[PDB]
Amino acid sequence: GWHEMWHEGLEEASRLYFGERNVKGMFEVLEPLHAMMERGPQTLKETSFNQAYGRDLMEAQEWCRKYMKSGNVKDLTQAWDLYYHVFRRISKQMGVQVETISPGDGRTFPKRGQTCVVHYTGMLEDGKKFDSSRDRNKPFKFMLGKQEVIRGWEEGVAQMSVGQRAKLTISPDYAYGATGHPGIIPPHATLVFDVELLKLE
Ligand SMILES: CO[C@H]1C[C@@H]2CC[C@@H](C)[C@@](O)(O2)C(=O)C(=O)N2CCCC[C@H]2C(=O)O[C@H]([C@H](C)C[C@@H]2CC[C@@H](O)[C@H](OC)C2)CC(=O)[C@H](C)/C=C(\C)[C@@H](O)[C@@H](OC)C(=O)[C@H](C)C[C@H](C)/C=C/C=C/C=C/1C
């Protein structure tokens, strides 16, 4: 929906402008996204999106249009300041979110080459548990940085200190995506893991 379309679109428009110096391409990504705003929100989530980001997106569009008439890059810079703020806020509900359950030592973090020793419980977004190392009564061990584990763990556990317990809420893009894991994880599943970093080996 609107959250995912704007997140993907802002990223791609920014790759075209900043990465490829292609203003026309960036415009052609942004303009349809603004156009679909104009019918108004039609779901509760689109309404929430509009309330949160509608005004800033409308202003960003106005700076873009000022740019087409001035050719002054300062007007585009003002547009992207707004688009980036919207992007960062949308991003807080995607990827992986780390919420501390109990603090760690705040000083010892995973480093390259080390093995993380953790306890975890994985649940679907509703709360149905699908796996737990705590049920096997033994810690799970893995290494970060080599795509051994889903992206939400790669990014989430890397931020935890030894002794920390944290809740990782992982969007499907950062977990098992459209395929899921047959027999365990459905397609397009947001996952919630209760993870405790026990030690580094
Ligand atoms: C019996 O229990 C399974 C774990 C189950 C599978 C099903 C899922 C619901 C789940 O229940 O775990 C689960 O809770 C889960 O989602 N996990 C496990 C805990 C870490 C986070 C997540 C995960 O990434 O699993 C991982 C997920 C399922 C698949 C990987 C996701 C990242 C992606 O890049 C990889 O592409 C290939 C595949 C599984 C793992 O954590 C194991 C450790 C890692 C792998 C299998 C791959 O990294 C593999 O790549 C060749 C390796 O290099 C390994 C070390 C080679 C050795 C011989 C294989 C070990 C296999 C161990 C299997 C184990 C303990």
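We number each residue from 1, following the sequence as shown. Values below: all heavy atoms of this structure, side chains included; hydrogens, waters and symmetry mates excluded. Atoms within a ligand are numbered from 1 in the order they appear, just like the ligands themselves.
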key: Drug or drug candidate at ligand 1   = rapamycin
ask   = Which macromolecule in this structure makes the most heavy-atom contacts with rapamycin (ligand 1), going by the name UniProt uses?
value = Peptidyl-prolyl cis-trans isomerase FKBP1A
query = Which UniProt domain would you name for the part of chain A holding most residues in contact with rapamycin (ligand 1)?
reply = PPIase FKBP-type
request  = Look at atom 47 (C) of rapamycin (ligand 1) and say whether a protein heavy atom is found at less than 4.0 angstrom from it.
outcome  = yes
task = Check rapamycin (ligand 1) against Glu148 and write out every atom of the ligand that is under 4.0 Å from a heavy-atom position of the residue.
result = 30 (C), 31 (C), 32 (C), 40 (C), 41 (O), 44 (C), 45 (C), 47 (C), 48 (O)
task = Enumerate the atoms of rapamycin (ligand 1) whose separation from the nearest heavy atom of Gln147 is less than 4.0 angstrom.
result = 32 (C), 33 (C), 34 (O), 35 (C)
query = Protein heavy-atom contact under 4.0 Å for atom 15 (C) of rapamycin (ligand 1)?
reply = yes
request  = Flag atom 34 (O) of rapamycin (ligand 1) as yes if some protein heavy-atom distance to it falls below 4.0 Å, otherwise no.
outcome  = yes
ask   = Protein heavy-atom contact under 4.0 Å for atom 63 (C) of rapamycin (ligand 1)?
value = no
Sub-4.0 Å protein heavy atom next to atom 6 (C) of rapamycin (ligand 1) = no
Heavy-atom protein neighbour under 4.0 angstrom from atom 30 (C) of rapamycin (ligand 1) = yes
request  = Among all protein heavy atoms, pick out the one at the shortest distance from atom 18 (C) of rapamycin (ligand 1); state its residue, atom name and that distance to 0.1 Å.
outcome  = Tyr120 OH, 3.9 Å
ask   = Which rapamycin (ligand 1) atoms does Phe130 reach within 4.0 Å, using its non-hydrogen atoms?
value = 9 (C), 13 (C), 14 (O)
inquiry  = Is it the case that rapamycin (ligand 1) has an N or O less than 3.5 angstrom from some N or O of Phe193?
reply    = no
Residue part near rapamycin (ligand 1), for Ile150, under 4.0 Å between non-hydrogen atoms = both
inquiry  = Tell me whether atom 56 (C) of rapamycin (ligand 1) lies less than 4.0 Å from at least one protein heavy-atom position.
reply    = no
ask   = Given the protein's heavy atoms, is any one of them under 4.0 Å from atom 44 (C) of rapamycin (ligand 1)?
value = yes
query = Where is the nearest protein heavy atom to atom 28 (C) of rapamycin (ligand 1): which residue, which atom, and how far?
reply = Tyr176 OH, 3.2 Å
inquiry  = I'm trying to map the binding site of rapamycin (ligand 1) - which residues have a heavy atom under 4.0 Å from it?
reply    = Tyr120, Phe130, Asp131, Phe140, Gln147, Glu148, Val149, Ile150, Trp153, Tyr176, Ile184, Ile185, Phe193
